[PDB]
Each structure stands twice: as C-alpha cells, then as structure tokens.
**Q** 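Before I ask anything, here is the structure I am working with.
Chain A is numbered as in the PDB entry, which gives 27-288 for the residues shown. As the structure lists them, so they are numbered: ligands from 1, and atoms in each ligand from 1. All values below come from the heavy atoms of this structure, side chains included, with hydrogens, waters and symmetry mates left out.
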Amino acid sequence: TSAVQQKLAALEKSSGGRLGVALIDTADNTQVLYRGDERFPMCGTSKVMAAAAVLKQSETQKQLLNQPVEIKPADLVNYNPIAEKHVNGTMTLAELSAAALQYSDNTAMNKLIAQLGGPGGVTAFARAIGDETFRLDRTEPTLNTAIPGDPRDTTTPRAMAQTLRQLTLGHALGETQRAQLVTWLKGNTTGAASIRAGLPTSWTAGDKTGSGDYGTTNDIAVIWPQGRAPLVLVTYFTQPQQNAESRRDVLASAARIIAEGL
Ligand SMILES: CCN1CCN(C(=O)N[C@@H](C(=O)N[C@@H]2C(=O)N3[C@@H]2SC(C)(C)[C@@H]3C(=O)O)c2ccccc2)C(=O)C1=O
C-alpha cells in the first residue's frame, strides 16, 4: 500500500461509497491503482468506446461520419439536449458522436450503439483493441441502473485506463481519428467539477463524465500536465443506496491526491 493508495482509501472512508482509480503516467508507463480490478458501472463513460468504434469504422467506410441518421420523436430518451433539436430531421454520425461525448446526449449514444449493431457491437470493438474487461449490455437509459453487484455495463478502472490510453495516445485508431477523439474530449462541456477540479489550473485535459443511480459519479480523462508527459486517469465512484446524490467532489479530491503524488 503506497502513500497515494492510503490517501485514496482515506478519502473513500469518509465518502460513504466505493471508489475506483487507475492512473497511467506515460512519463514512465507506471500505474497507480485503487480497486483497479473491481467492476464499476460505466454509465456515460461508455460513450467513449462507442464513439471510438464509429471512428474506427470511418477509417474504411470513409464517408460514414457524414452519413445522416434520422431522429424520430420515439428515439428521444431521458436526456437529449442536442437530439431534441433535430427530431423529425437528421444528424450525421459526426454530429451524434460530438453530442454524445461533449453534451452526454443519450439519444446520440443510442444512435452510435445502433450503428454498431447493438450494445454487443461496442463490446466487440473493445475486444478488438485488447480490452477483455469492458462490457456494454444495454442501450440508454437503462445502462445507467448501476445496481451493486450487477456486471452489466461495467468495466474496471485498470481496463478503462489502458483503453483510454490506447485510443487517445496510442494507435488503436488511425492518426486522424485519434486526433478527432482528442479534440472531442478536450471540448467536453460537463467535466469542470470532476477530475479537472482536482488538477492544477495550468494543466489541460479532455474527459468524459458519467452518472447513474446509486449516486454513481464517474470521469475518465487524458491529461497534459505542465512540463510533463500526458497522463490517463479514471475515477469511478458508486454508493450503497439507489437514490444517493452525485459526488463529483469525491472525484476531484481523488484527482488532487493523484496530482499531489506525482
Ligand atoms: C431505467 C431507469 N433509469 C436508470 C437510472 N437512470 C440514470 O441514472 N440516468 C442517468 C443518465 O442518463 N446518465 C447519462 C450519463 O452518464 N450522463 C448522462 S446524463 C448526465 C449528464 C447526468 C451524465 C453525465 O455526463 O454525468 C442520470 C444520472 C443522474 C441524473 C439523471 C439521469 C436513467 O436514466 C433511467 O431511466
């Protein structure tokens, strides 16, 4: 048990919930894990895998991202800030990817899932890039039930960090596609209270949040510290009761412990 791991355990102790952390410092490829191999509900953090899978398809079905997708009134789910504006019209797969990632639009996510042939199509992409842990089982919004002990729509912090590294800094995607993914993550609108809130102001980052029942509060990020090689950081958090409140502050604290321990 390292000093950083002990600090994360202390944070978890006062948090009321269960915390999972995985850092990969590309300066030396070292990792810092806390409950790194335990499963957590991904919620919206799964949107990165879906968008990346569509980016991979676009490497060979070249005009895929410009392909229109019909948005019907019945497609709308619980949170669709972008899709609702296009009901009875269309959005391209690039628009759907941007909406899913940057606004966490759930209807947009469902269109990515549908393009991939269902939740299993997202899992299939995960397997193709070496992630044997990730599993997407349901569409939005039920993939957010986040029931303790339920393996559906879960992953481990270790697996997600390795995957995010491969996708954003490695070669799981073509160069243009990796750049597009990084651009989308950097333009996220929903992350300032999470991982980012625990980083020095001078650092830059891209991230994708997730939230669900059981006060499930997640964030996965690629970070560029001042004067350092990039980091990949996953912070997952989930609580014992279905109606628990969101705790983005716990993710921010975890990120601060990680930054202070570099
Ligand atoms: C079948 C019954 N059932 C299961 C429970 N459930 C949900 O927990 N959905 C969450 C959700 O959609 N989360 C998606 C997600 O992650 N993103 C989007 S929304 C967001 C911007 C808060 C978030 C982000 O980026 O942080 C959600 C959480 C917190 C408040 C409202 C909704 C349902 O939706 C649902 O219907």
**Q** Determine the main partner chain of ligand 1 by heavy-atom contacts under 4.5 Å and name it as in the PDB entry.
**A** Beta-lactamase
**Q** Tell me which of apixaban, roblitinib, golcadomide, piperacillin, iodipamide sits at ligand 1.
**A** piperacillin
**Q** Which residues and nucleotides contact piperacillin at a heavy-atom distance below 4.0 Å?
**A** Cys69, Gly70, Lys73, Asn104, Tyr105, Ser130, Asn132, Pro167, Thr168, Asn170, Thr171, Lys234, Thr235, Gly236, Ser237, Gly238, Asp239
**Q** Please could you name the atoms of piperacillin that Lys234 approaches to less than 4.0 Å, counting only its heavy atoms?
**A** 25 (O)
**Q** Which residue and non-hydrogen atom of the protein lie closest to atom 20 (C) of piperacillin, and at what distance in Å?
**A** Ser237 OG, 3.3 Å
**Q** Looking only at protein heavy atoms, which one is nearest to atom 32 (C) of piperacillin, and how far off is it?
**A** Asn104 ND2, 3.9 Å
**Q** For atom 6 (N) of piperacillin, what's the nearest protein heavy-atom neighbour? Residue, atom name and distance, please.
**A** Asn170 CB, 3.8 Å
**Q** Counting only heavy atoms on the protein side, is anything nearer than 4.0 Å to atom 30 (C) of piperacillin?
**A** no
**Q** By number and element, which atoms of piperacillin are closer than 4.0 Å to a non-hydrogen atom of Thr235?
**A** 24 (C), 25 (O), 26 (O)
**Q** Of all the non-hydrogen atoms in the protein, which one sits nearest to atom 19 (S) of piperacillin, and at what distance?
**A** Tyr105 CD2, 4.0 Å
**Q** For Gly70, take its heavy atoms, then give the atoms of piperacillin lying under 4.0 Å from any of them.
**A** 15 (C), 16 (O)
**Q** By number and element, which atoms of piperacillin are closer than 4.0 Å to a non-hydrogen atom of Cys69?
**A** 16 (O)
**Q** Need the piperacillin atom indices (1-based, order shown) with element for anything under 4.0 Å from a heavy-atom of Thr168.
**A** 1 (C)
**Q** With a 4.0 Å cut-off, strictly under, does atom 2 (C) of piperacillin pick up any protein heavy atom?
**A** no
